[PDB]
Amino acid sequence: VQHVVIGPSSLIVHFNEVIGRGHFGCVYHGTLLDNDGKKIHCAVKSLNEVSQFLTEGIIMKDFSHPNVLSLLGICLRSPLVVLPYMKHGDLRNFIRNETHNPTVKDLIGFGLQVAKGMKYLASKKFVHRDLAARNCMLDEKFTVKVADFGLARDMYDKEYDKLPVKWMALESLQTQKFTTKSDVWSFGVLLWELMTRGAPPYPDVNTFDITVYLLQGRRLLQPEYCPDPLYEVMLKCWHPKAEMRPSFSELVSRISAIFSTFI
Ligand SMILES: CN1CCC(COc2cnc(-c3cccc(Cn4nc(-c5cccc(C#N)c5)ccc4=O)c3)nc2)CC1
């Protein structure tokens, strides 16, 4: 924690500007100062046991990838988690917004960015457990950051019942076993959210019903603007046998090929 401590004098937290709400606390717009006096935009996560949470999440300072959320630091005083501000907020609200019009290629490009971030996390043997479009952020350059892990972990939406059962693999619903292969299943649902522009998966299925539903021989339907090879990728992500699901390295390779076919 020593190398990532932020002095309370160097942090301005705007408690009036709430930009996110979670069960553990709120996200606020903040301001950090650099050695030269330049203001850096923050997202300050509040935390309301605490030592255990910081112990579990301090591994995030060692992660560094352009598609993975980084940690700016921790302000000790209840501790505050300092994260980089993500101008366009969460990926799900972005694709449901009406100020921007992402093309089918842009949506596939967002999925490819997530797959690159996940490929990095899987190479570090890190299992996300809650991969979903609501849990990825978009910065000022429209770069996707896989977020909601370590110190940033929280439930930021009401899509839990708490577990995100509609994004969970069949073996995780049955035995509560989470692996990189169950993150590949969640990644499939995330591609489907991207291709439907943020539609809720299985809308007429109650969260308690999902296991029986999947076991009947059912999967999410192909969205109307989803290319066939991308729907095949989603179907491979949802393979009933975890070991038969593509790796994130294979997903990056395959999705980059599909992305390249669009003008
Ligand atoms: C209209 N609105 C005004 C504010 C604008 C900027 O808002 C921002 C909101 N949040 C951050 C931020 C950055 C780094 C880390 C986190 C923590 N974190 N939060 C979420 C999160 C936040 C809000 C809603 C939902 C959901 N569902 C999910 C997911 C994963 C995660 O790790 C938050 N930055 C900017 C966007 C447009």
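Chain A uses the PDB entry numbers throughout; the residues present, in order, are 1066-1113, 1120-1148, 1152-1235, 1244-1345. Start at 1 and go down the list; that is how both ligands and their atoms are numbered. Because only heavy atoms are used, hydrogens play no part in the values below, and waters and symmetry mates are left out as well, while side chains stay in.
In this structure, the drug modeled at ligand 1 is tepotinib.
By contact count, the main macromolecule holding tepotinib here is known in UniProt as Hepatocyte growth factor receptor. Nearest to atom 24 (C) of tepotinib among the protein's heavy atoms is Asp1164 OD1, 3.6 Å. Looking at chain A, most residues touching tepotinib fall inside the UniProt domain Protein kinase. Nearest protein heavy-atom neighbour of atom 32 (O) of tepotinib: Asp1222 N, 2.9 Å. Counting only heavy atoms, the protein never gets under 4.0 Å from atom 3 (C) of tepotinib. Nearest protein heavy-atom neighbour of atom 15 (C) of tepotinib: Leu1157 CD1, 3.6 Å.
Taking every heavy atom of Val1092 and a limit of under 4.0 angstrom, the matching atoms of tepotinib come to 33 (C).
The protein non-hydrogen atom at the shortest distance from atom 9 (C) of tepotinib is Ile1084 O, 3.3 Å. Among all non-hydrogen protein atoms, the one lying nearest atom 34 (N) of tepotinib is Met1160 N, 3.2 Å.
Counting the atoms of tepotinib from 1 in the order shown, those under 4.0 Å from a heavy atom of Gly1085 are 23 (C). Close approach to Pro1158 involves these atoms of tepotinib, each under 4.0 Å from a residue heavy atom: 13 (C), 14 (C).
Set against the non-hydrogen atoms of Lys1161, the atoms of tepotinib under 4.0 Å away are 5 (C), 6 (C), 36 (C). If you number the atoms of tepotinib from 1 as listed, the ones under 4.0 Å from a heavy atom of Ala1221 come out as 30 (C), 31 (C), 32 (O).
Source organism of chain A in the entry: Homo sapiens. Annotation: atom 11 (C) of tepotinib to nearest protein heavy atom, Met1211 CE, 3.5 Å. Scanning the protein for heavy atoms near atom 17 (C) of tepotinib, the closest one is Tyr1230 OH, 3.5 Å.
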May I have the N/O to N/O pairs between tepotinib and the protein that fall below 3.5 Å, each with atom names and distance to one decimal?
| from | atom 1 | to | atom 2 | distance (Å) |
| --- | --- | --- | --- | --- |
| tepotinib | 32 (O) | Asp1222 | N | 2.9 |
| tepotinib | 34 (N) | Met1160 | N | 3.2 |

